[PDB]
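Inosine-5'-monophosphate dehydrogenase, liganded with mycophenolic acid.
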4 protein chains.
Amino acid sequence: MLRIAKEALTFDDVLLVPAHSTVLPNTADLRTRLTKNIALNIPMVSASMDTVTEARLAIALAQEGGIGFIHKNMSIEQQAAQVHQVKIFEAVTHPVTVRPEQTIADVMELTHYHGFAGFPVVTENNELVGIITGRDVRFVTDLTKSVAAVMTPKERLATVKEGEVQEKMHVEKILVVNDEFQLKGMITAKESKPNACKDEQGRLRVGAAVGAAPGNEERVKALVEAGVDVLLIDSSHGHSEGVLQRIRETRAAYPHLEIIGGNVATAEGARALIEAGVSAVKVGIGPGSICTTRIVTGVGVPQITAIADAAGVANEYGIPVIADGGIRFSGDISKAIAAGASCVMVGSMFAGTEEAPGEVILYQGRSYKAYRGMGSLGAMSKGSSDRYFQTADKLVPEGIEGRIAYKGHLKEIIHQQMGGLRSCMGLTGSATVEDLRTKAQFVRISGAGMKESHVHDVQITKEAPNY
Amino acid sequence: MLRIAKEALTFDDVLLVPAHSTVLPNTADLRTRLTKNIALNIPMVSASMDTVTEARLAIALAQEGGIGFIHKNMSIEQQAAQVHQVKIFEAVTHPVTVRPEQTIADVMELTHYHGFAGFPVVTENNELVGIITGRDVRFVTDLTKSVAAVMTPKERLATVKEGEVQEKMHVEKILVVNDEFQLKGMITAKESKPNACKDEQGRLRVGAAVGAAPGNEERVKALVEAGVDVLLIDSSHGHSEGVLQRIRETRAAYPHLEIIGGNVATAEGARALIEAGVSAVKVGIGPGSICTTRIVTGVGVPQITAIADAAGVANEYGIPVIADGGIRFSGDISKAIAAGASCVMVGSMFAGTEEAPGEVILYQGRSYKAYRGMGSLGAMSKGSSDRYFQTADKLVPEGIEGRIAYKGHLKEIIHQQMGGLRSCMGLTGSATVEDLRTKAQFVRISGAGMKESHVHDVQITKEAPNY
Amino acid sequence: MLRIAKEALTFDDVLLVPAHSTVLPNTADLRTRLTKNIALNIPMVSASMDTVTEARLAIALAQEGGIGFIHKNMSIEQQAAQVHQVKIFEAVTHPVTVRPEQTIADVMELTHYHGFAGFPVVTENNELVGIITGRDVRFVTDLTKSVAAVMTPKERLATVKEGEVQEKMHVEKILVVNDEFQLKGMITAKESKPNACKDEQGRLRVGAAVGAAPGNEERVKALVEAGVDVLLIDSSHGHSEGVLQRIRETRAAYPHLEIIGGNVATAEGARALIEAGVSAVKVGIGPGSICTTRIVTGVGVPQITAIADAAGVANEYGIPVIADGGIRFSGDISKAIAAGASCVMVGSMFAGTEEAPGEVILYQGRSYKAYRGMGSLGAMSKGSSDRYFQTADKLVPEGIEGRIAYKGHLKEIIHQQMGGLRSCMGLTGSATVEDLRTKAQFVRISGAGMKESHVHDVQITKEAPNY
Amino acid sequence: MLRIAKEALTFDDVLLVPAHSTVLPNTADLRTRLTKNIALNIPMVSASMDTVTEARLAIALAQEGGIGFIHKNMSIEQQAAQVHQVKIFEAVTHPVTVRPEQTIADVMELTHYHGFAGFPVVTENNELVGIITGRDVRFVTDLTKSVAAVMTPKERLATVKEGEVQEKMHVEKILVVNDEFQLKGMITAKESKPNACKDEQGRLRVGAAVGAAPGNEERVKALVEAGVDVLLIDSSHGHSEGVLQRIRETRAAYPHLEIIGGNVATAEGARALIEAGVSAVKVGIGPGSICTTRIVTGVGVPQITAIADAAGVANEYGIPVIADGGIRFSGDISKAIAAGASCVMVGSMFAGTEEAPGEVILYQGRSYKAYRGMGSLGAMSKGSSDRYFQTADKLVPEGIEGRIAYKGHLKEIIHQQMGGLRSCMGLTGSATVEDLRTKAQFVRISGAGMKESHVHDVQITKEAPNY
Ligand SMILES: COc1c(C)c2c(c(O)c1C/C=C(\C)CCC(=O)O)C(=O)OC2
Ligand SMILES: COc1c(C)c2c(c(O)c1C/C=C(\C)CCC(=O)O)C(=O)OC2
Ligand SMILES: COc1c(C)c2c(c(O)c1C/C=C(\C)CCC(=O)O)C(=O)OC2
Ligand SMILES: O=c1[nH]cnc2c1ncn2[C@@H]1O[C@H](COP(=O)(O)O)[C@@H](O)[C@H]1O
Ligand SMILES: O=c1[nH]cnc2c1ncn2[C@@H]1O[C@H](COP(=O)(O)O)[C@@H](O)[C@H]1O
Ligand SMILES: O=c1[nH]cnc2c1ncn2[C@@H]1O[C@H](COP(=O)(O)O)[C@@H](O)[C@H]1O
Ligand SMILES: O=c1[nH]cnc2c1ncn2[C@@H]1O[C@H](COP(=O)(O)O)[C@@H](O)[C@H]1O
Ligand SMILES: [K+]
Ligand SMILES: [K+]
Ligand SMILES: [K+]
Ligand SMILES: [K+]
């Protein structure tokens, strides 16, 4: 009579089972797939939220092996600039410089009559027209001569266009130019981040979100043109025709573009996304820390069941599932993977790190940052308006606005969390992320089983970095 | 051995499943049925409680698309007057006026020798006997003449009886009279509330409760005579013979009267109510916020199972179910509908609004209103007594007395709550209330699933209007 | 592999189902059986605990329709005296009196020369030897005569032996004597408590506990000789051979004595008690408010399942079940009955009433009384010792010592609680306790169902007498 | 689809069932097996943790009938010295003594011219070369003679080598020597601890842990050479090949050594340990009070199911199971045994006793001791380092550091806890630990059943010693 499918389960209803293992935590292999064609070094992506991911965090995350997704709550050029920033990220030097009109006396004023390498010569703005060296000047007496009658001319310089160049240097100092022969710096013949997630040309990978409303074409175009590695079409309802249509159109317009579509929480929803053309299915309706959808609307599916149901279909097409929302501890990452996901998307876990947007706030002598639902009033009010234009029709939010404890640097957080994954892989005898994802077993536990799992019956005196 | 049917479920044991959808929240259709013949524009009715619904709230609710139920804790004429108030609600002007005995000097005292429209002329009390205009007087010198020798006489006036009249005006100012030609105002040729729930003649709908005890005939009669749209026979035990008898008698006496009977919590109970003649089955034994029945008596049925069981029968006769009690958030409304209800009856959700009875109370520098069970001592003590008459026989209450946070205006609350319904209809791909009610699917969740549903693991900094 | 029977259930896991009803709460019939041959007017007995039941409460409870069980933590004669007190409870007057040696002047000193009824004449100690009346003296001048030469002699008095006598009075004042013709008072030709639980001779019923250890014979004998109506052999383990043996012996020694045996929590245990000869099976291992057995020992059975299992057997022999422990609200009484019990035994519910032993304690400006497990250290330390005698062998308690809020008078508590029963009987359409016990149905509910049952989502401003 | 075995259960999900019993708590038999060949007098062992077990507690526990396991967070010789200490524990006297060079005047200086037993004579360091008695001196005048010309020579002494000797005394005072004839004390012809757990030669039993990393051979060798009764190879992952290999090697090197291996939480894991050669299977992955494994890694198995699954296999080979972690109250011990374990290993239950390592700490005017996971940062930092050597590679802890309330003496704790076991054995009619372990039955209970089990609805005024 009551129309009810079986009991759906979330992270706290299950525990993974230990198994025979020849795997040590530090030998565990963390590599996995974000989409059919994009590899991750760690099974983490960052949420596309104005309180989690801008260029700063996207770069830091990619350096550690994951991919950040730039949020859409900014203008097109703003978003494209963010992507571009990530794509060109290098860490070049930017030397002291003179004019073709400046005199030798000007130069001697700078050098202080003791030897020097040289000064790149630049025009009114900002053309590079030569160089003057400690050997061009050592024996020039006439302090009145302009730098241009004694400089090494344009053609004797060794240069590169911005964007490894270390190949062309095989000469040991090279001047970076652009398309109008305009100086941008210098690089002088000299791996900090071996787990970096990078594209075929050794650039850091980045993603960016656009959402499903009509009229996104201009935004998509600019993001692809800025070299985005993966496009996320993010919606609170991936099973909506609107979303499927938007995915179809984007697939048809960029047949090689890796696209993530979601969110869904069912087999059917994962099926309709795959049919629309996604390269990856993003799963989660309502499990997010800052989410009130389940309460406001009554709709949702516990996240371990949502994952397994979406993966049941997505596996049949070779399509990876992304588990998005509700990850609170590193043991949830293990569980989301064993349920069928190839990686997890996280907000709160990364929010409040140094790298996330926003400044630190003090509240009762303790450190926090802003963290808010993308569907909260504040996140939505940066709507398209200016409130000058906007106003019986008030928005009904499905997210809250809050504060989250300051976490410090992203790198240490990732290391803490992946530690716990590695240890689970040793416990479950999973060599690779695939083995955890396809072979690990669960048991179902009661509320009393979950209390035994936590710390219990002792006073914690010190905070542990993973708990 | 132990006599036990299956596990019964309440709101927090279930979540609705998202589905393929061509529905947008703002295109969702909220219309539904209160009874076999009365349509609602929104699936909400207000509880019949002395701390929720009197004329004030009944009018405000009907203007928004629902129906209020006037409570019975007042005299017959009091209750009939409340219904009448709702039925005649308009928002007429009520102009300045003179006597047939008053002189022209009296008039000139009022006008101040500059032009005027006119003054309706009235008797000792309160008959209308004519009009005197700025053109009746402009050239009357004799300030001593009585208004009656120069007034426009009774028959040259254009008038209407109280109770659209805008048809007869096709003349642009019309004088409202009653049956003794007595003046009541004026209306001068001039839609704020398009979702208003209205009867075939464009009057706001209203309901009123009587309860099941013998001797209600006089009360019913007066309520029907006051134009009540729907009679509620409300009881803590709708499956009691007393209640069924009372419903039978009322059906026989008013074969066209829409009658709501309840409350029940079973198939059988819904069946016996339908057999007795109800136009709608009201469901809920014990789920109310202020209810202690379950604890005091040990009896009750979790409300999602109570709804589905009652709807299983009521569907077979085309009879709508009203889900009454236990609605706390807008997601519960979605759930109660998907379980089989056509609308929800709410107390606490509306209590504490400006429109509900009682004044605002301050308690520790914060705003509240009184909200009490109709079976609490205070609600019951307004019994029939005066305590002068009343007293080893003390009442045993099944409701408590309390306070509820001030909510502000009803209109904003309704908009907040229906927002969440609309969003669920988009999530579940339900175009109409019927589709949610008959096609949406649930999953069953654990206590851990319900914690994931809420906000979790972040500090809320601002209160969201729906949470 | 793990040796586990099905899920056992307690009060909060179930709710009763409303049903068709021709029963009104105030017409509900509360009468039930304590044992095969002893009727109760209300389905309550009081626990045999030194903080719940001594004569005071036993009398008050019997007057309301139940039976109190005097505890065993006192000497034999102490316990027999308590029983006796209950058995003889009447509410006699006790007039002013003179000596056969006292003079007329002594009498006139007392009367003050205005008329008087008379003075019963008594010996050195305390024999009754006659009467002197206002008419024996009115005309006796000689103030020196001793009362004995003018008294109405022994044989003209109308008298009764202690222990209705109102039959012999058919004469209107009668002098109460004992076996040595010794005066005890007077009763002068004059129903407050119609629900009183009484024996065939109109005396209040009382029970008394002895426990199962060897050597109880003397105690049993004295209790039977004091007119105890029902003997309780109370143990934390009724399925222990020791207990069954003790029951066997007592049955053989008093074939007509109603005996309660327990506690058990299984079919088997109820069977072995019946076989041993009990007139009633008492059920409950670990559910008591002050009990720590379940935690200390790991043993126990949730009380609704314990009841139904014990009743499954006990029903086949016509033997009533007593549900003992874990009753917190009046809805638990309804549930315990529907699970199969004929009445409930309560401790905390009665503890802290005026009538229970101990004085009121103030603790932070609020009223309490002592309430302790009979297996707590304090209850057990009144062992048999004096601590002078007693002491690597310390007792290991299965009960705690605590305080319970002052409740006031027992009568009001009973009325509050039976109110809730009556209302459940109306809700479930149970005319008699038997119908609730054998025909009412349960549903099983989740933790979320139990939260809906309570008060929720409102601030209680006043305490309700049943909640 | 989701890969899930049945619901696993922990202590609070179950209760034992009372049964027919001829067993009294004080007649219950507590003896059980630690391994195939080592008997315990009580079914308790202490955890191998630097905050629970060093020699002090190992000795106290063995005296009460259990076995302590010395932890490995110390050097080899340190650990061997601890074992040795336990093995030689006696409670000898150590008399006053003189030199062969000291004069009679020196002696008379000590005696004070009144009679004396005698003085054992010792060399430079520390050889025993004779004795001088109150009868050797009574008649020696020459105060200048050296003790050696008047002493009773080496050969007239009655002596024993360190390590019952009371047999050789059959002479009543005997001088304890070593292998270089060096004096160690004296024992003079004189059962406090009858439940002592002892080896075939009447020495207290002790265990010691080594862990599974390569290179443990030297440590094992020294522990065996120090007379360890049982070797524990303890790991957070007993199903890891590394652990199984280490067990294999140790079995092959010491075919008669009793070895405990673990921890596992499955049938398979218990099977692989038995195959590797263990004499006992230790069970528990994640249930420990101070454990965060379940949360950090997501892996674990509720402990009652982990026990029964491991015992299902281990029973088929006659191999005992040790239930390790998550024991909080004495009722958990009963449950762990009935689930299949032969004894329990405890940390927090013993931590904070006088005997456990560490000093008492005051924190807000109350007594505590340190208790920490062996996998917490602090426990692990005593790594092998000195931090001078050690440092993007920080450890990821699976244990926390905390404080636990001071418990007093271990003996009283054990007596409290075994009290509760004994009482359960009476309740379940289990004469021996074997009967509880193989015949007792469980019921499964809800969260509401567990609340009824606890104290509820009363204010505890005094702390009970077992709760
Ligand atoms: C896009 O971000 C999300 C996602 C991924 C999810 C939910 C959600 O509320 C939002 C924010 C809601 C927004 C931005 C409103 C616009 C819309 O999407 O129509 C959710 O409940 O599951 C998944
Ligand atoms: C007799 O009172 C009880 C009863 C009825 C129960 C329990 C209990 O602990 C005591 C007190 C325990 C005592 C007096 C110790 C003596 C003994 O009985 O051996 C329980 O857990 O279920 C039922
Ligand atoms: C050995 O002590 C344990 C045991 C028995 C268990 C766990 C645990 O974390 C530790 C401490 C973890 C350590 C010492 C890290 C070294 C390692 O073992 O690799 C657990 O979760 O179940 C059982
Ligand atoms: O306002 C919101 N309402 C509901 N879900 C949101 C909202 N904003 C973001 N989300 C989702 O919640 C996820 C983050 O969940 P978290 O890691 O548990 O903080 C995001 O990746 C989006 O899926
Ligand atoms: O005193 C009472 N006891 C139990 N139920 C009540 C009482 N008064 C009103 N009710 C019911 O509780 C409902 C309101 O529930 P609420 O919306 O959860 O506050 C009413 O519509 C009646 O069904
Ligand atoms: O010390 C004790 N330990 C366990 N049970 C007890 C103890 N003392 C009394 N009882 C039982 O607990 C019952 C009272 O339970 P209550 O009504 O829930 O307070 C008594 O009737 C006895 O069955
Ligand atoms: O740091 C740790 N993490 C997890 N388990 C631990 C750790 N240290 C000890 N243990 C285990 O926890 C047990 C003690 O559990 P307790 O009795 O519940 O305090 C030990 O016997 C080990 O099995
Ligand atoms: K949420
Ligand atoms: K309620
Ligand atoms: K209890
Ligand atoms: K734990």
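Chain identifiers are assigned alphabetically (A, B, ...) following the order of the sequence lines, protein sequences preceding nucleic acid strands; residue numbering begins at 1 within each chain. Side chains included, hydrogens not; waters and symmetry mates left out as well; all remaining heavy atoms used. Atoms within a ligand are numbered from 1 in the order they appear, just like the ligands themselves. Technique stated in the header: X-ray crystallography, 2.2 Å.
Counting repeats, the structure shows mycophenolic acid at ligands 1, 2 and 3. Chains touching mycophenolic acid (ligand 2) with a heavy atom below 4.0 Å, listed by letter, come to C.
Atom 4 (C) of mycophenolic acid (ligand 2) has as its closest protein heavy atom C:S235 O, 3.9 Å. Protein heavy atom in closest approach to atom 5 (C) of mycophenolic acid (ligand 2): C:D234 OD1, 3.1 Å.
At a 3.5 angstrom cut-off on N or O pairs, C:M374 does not count as close to mycophenolic acid (ligand 2). Those atoms of mycophenolic acid (ligand 2) with a heavy atom of C:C291 less than 4.0 angstrom away are 21 (O).
Protein heavy atom in closest approach to atom 20 (C) of mycophenolic acid (ligand 2): C:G286 N, 3.9 Å. Listed by atom number, the atoms of mycophenolic acid (ligand 2) under 4.0 Å from C:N263 heavy atoms are 5 (C), 23 (C). Of the protein's non-hydrogen atoms, C:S236 CB, 4.0 Å is the one closest to atom 10 (C) of mycophenolic acid (ligand 2). Nearest to atom 21 (O) of mycophenolic acid (ligand 2) among the protein's heavy atoms is C:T293 OG1, 3.1 Å. Scanning the protein heavy atoms around atom 22 (O) of mycophenolic acid (ligand 2), the nearest turns out to be C:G284 O, 2.9 Å. According to the entry, the source organism of chain C is Vibrio cholerae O1 biovar El Tor. Nearest non-hydrogen protein atom to atom 11 (C) of mycophenolic acid (ligand 2) is C:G375 N, 3.9 Å.
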